[PDB]
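Structure (with sorbinil).
Residue numbers start at 1 and run along the sequence shown. As a basis for the values below, the full set of heavy atoms in this structure was taken, side chains included, without hydrogen atoms, waters or symmetry mates. Note that ligands are numbered from 1 as they come in the structure, with each ligand's atoms numbered from 1 the same way.
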Amino acid sequence: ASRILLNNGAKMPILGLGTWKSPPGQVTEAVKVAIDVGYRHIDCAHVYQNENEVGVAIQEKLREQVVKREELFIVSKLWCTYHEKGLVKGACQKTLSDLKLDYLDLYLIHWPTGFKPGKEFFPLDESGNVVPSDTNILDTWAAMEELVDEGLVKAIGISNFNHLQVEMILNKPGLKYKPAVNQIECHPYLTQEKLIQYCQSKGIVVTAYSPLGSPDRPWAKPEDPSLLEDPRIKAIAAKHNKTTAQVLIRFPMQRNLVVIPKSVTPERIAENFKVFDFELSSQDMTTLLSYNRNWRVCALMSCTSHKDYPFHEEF
Ligand SMILES: NC(=O)c1ccc[n+]([C@@H]2O[C@H](COP(=O)([O-])OP(=O)(O)OC[C@H]3O[C@@H](n4cnc5c(N)ncnc54)[C@H](OP(=O)(O)O)[C@@H]3O)[C@@H](O)[C@H]2O)c1
Ligand SMILES: O=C1NC(=O)[C@@]2(CCOc3ccc(F)cc32)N1
């Protein structure tokens, strides 16, 4: 299937286009191209500083009647400096204005860690530690719930929440809407079997980010694993007459995950969508799972002292 059913009753396209690091001067064409070749899910965030340009593309394709708004699934995320109750609606509204939408299909808390509000996305003390917010994530969740009740967003969810933190929301006193999605890093070097099994057992759909291992990540290092260059993965791809990237995208699809590979290259945007016409065997799947080494692209290194840092816990 091309879409998965969420616990809000809506369907989510299992393949979406990522936009983190997509330059503002290229992301408009990238999203136009994506919609032209079949993508119907775009993953956004205010912290990416490119939602206006994403929005130009979405609006042009609606205006051109290439797609209807109901056929699109647009996702964005509440940044850490907006966890205060009183700031959540404005953050959402800024994102909607930038995207030129009147609702989001899904709005996620981007990280469980709240930071001091202000202009800086990572407010620092004079020794370099990130300055936290005293707002807890249960109160931020209630504010996200209000957005559903005001019609600004059709679904709410979370991102980079560990198992105990997911459980904290599920056990929130007076919980009104369960999270629909937990968006987490997931690829053959970070397979996340425990967290995924937990979320799925609870009816929470998992979205896999950095499925290609984010080769364009700013902190990349030479001695770093490279999925795209792993000859074991190239071999599985060759066996199937597909590219390595296509195998890396198909892999989470077959674990009943949603996946959001990023590209600004038209050829690769198209290539990455051509993943509905082949199947990995169970053996292929177990083989890819065996490459796990708990290697993270996105460790939020600067925030390891925050109380709500999600990656001390095993999963
Ligand atoms: N929730 C969060 O905290 C969080 C964190 C990280 C990421 N995300 C989301 O997940 C998305 C994807 O993750 P990501 O951006 O970290 O990395 P990714 O999708 O794993 O990899 C993107 C990189 O792979 C390249 N690439 C794409 N298709 C390729 C192909 N077919 N062949 C060879 N290279 C290819 C891209 O190049 P070009 O663009 O130059 O083509 C880019 O350098 C993000 O953009 C964002 O939307 C969310
Ligand atoms: O897609 C992403 N979501 C994120 O939180 C991340 C990873 C780690 O932190 C940052 C910081 C700035 C940013 F634009 C992005 C990011 N990338």
**Prompt:** Counting duplicates, which ligands or chains stand for sorbinil?
**Reply:** ligand 2
**Prompt:** What is sorbinil (ligand 2) bound to here, taking the chain with most contacts and naming it as UniProt does?
**Reply:** Aldo-keto reductase family 1 member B1
**Message:** Can you walk me through which residues contact sorbinil (ligand 2) using 4.0 Å for heavy atoms?
**Reply:** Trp20, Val47, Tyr48, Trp79, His110, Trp111, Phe122, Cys298
**Atoms in sorbinil (ligand 2) flagged as close to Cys298, the criterion being non-hydrogen separation under 4.0 Å** = 7 (C)
**Message:** I'd love to know which of the UniProt substrate-binding residues in chain A sit under 4.0 Å from sorbinil (ligand 2), measured heavy atom to heavy atom.
**Reply:** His110
**Item:** Heavy-atom proximity of sorbinil (ligand 2) to UniProt active-site residues in chain A
**Value:** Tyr48, 2 Å
**Prompt:** Who's the nearest protein heavy-atom neighbour of atom 1 (O) of sorbinil (ligand 2), and how far?
**Reply:** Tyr48 OH, 2.4 Å
**Asked** Which residue holds the protein heavy atom closest to atom 11 (C) of sorbinil (ligand 2), what is that atom called, and what is the gap in Å?
**Response** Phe122 CE1, 3.7 Å
**Message:** Considering non-hydrogen atoms of the protein only, which is the closest contact for atom 15 (C) of sorbinil (ligand 2), and what is the distance?
**Reply:** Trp20 NE1, 3.1 Å
**Prompt:** Which taxon does the entry assign to chain A?
**Reply:** Homo sapiens
**Prompt:** Under 3.5 Å between some N or O of sorbinil (ligand 2) and some N or O of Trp219?
**Reply:** no
**Message:** Students should be able to answer this: which protein heavy-atom is nearest to atom 3 (N) of sorbinil (ligand 2), and at what distance?
**Reply:** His110 NE2, 2.7 Å
**Asked** Judging by distance only, is a nitrogen or oxygen of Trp79 under 3.5 angstrom from one on sorbinil (ligand 2)?
**Response** no
**Prompt:** Among protein heavy atoms, which sits nearest to atom 14 (F) of sorbinil (ligand 2), and what does the distance come to when rounded to 0.1 Å?
**Reply:** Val47 O, 3.0 Å
**Item:** Per-atom contacts of sorbinil (ligand 2) with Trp111, taking only distances under 4.0 Å to non-hydrogen atoms
**Value:** 4 (C), 5 (O)
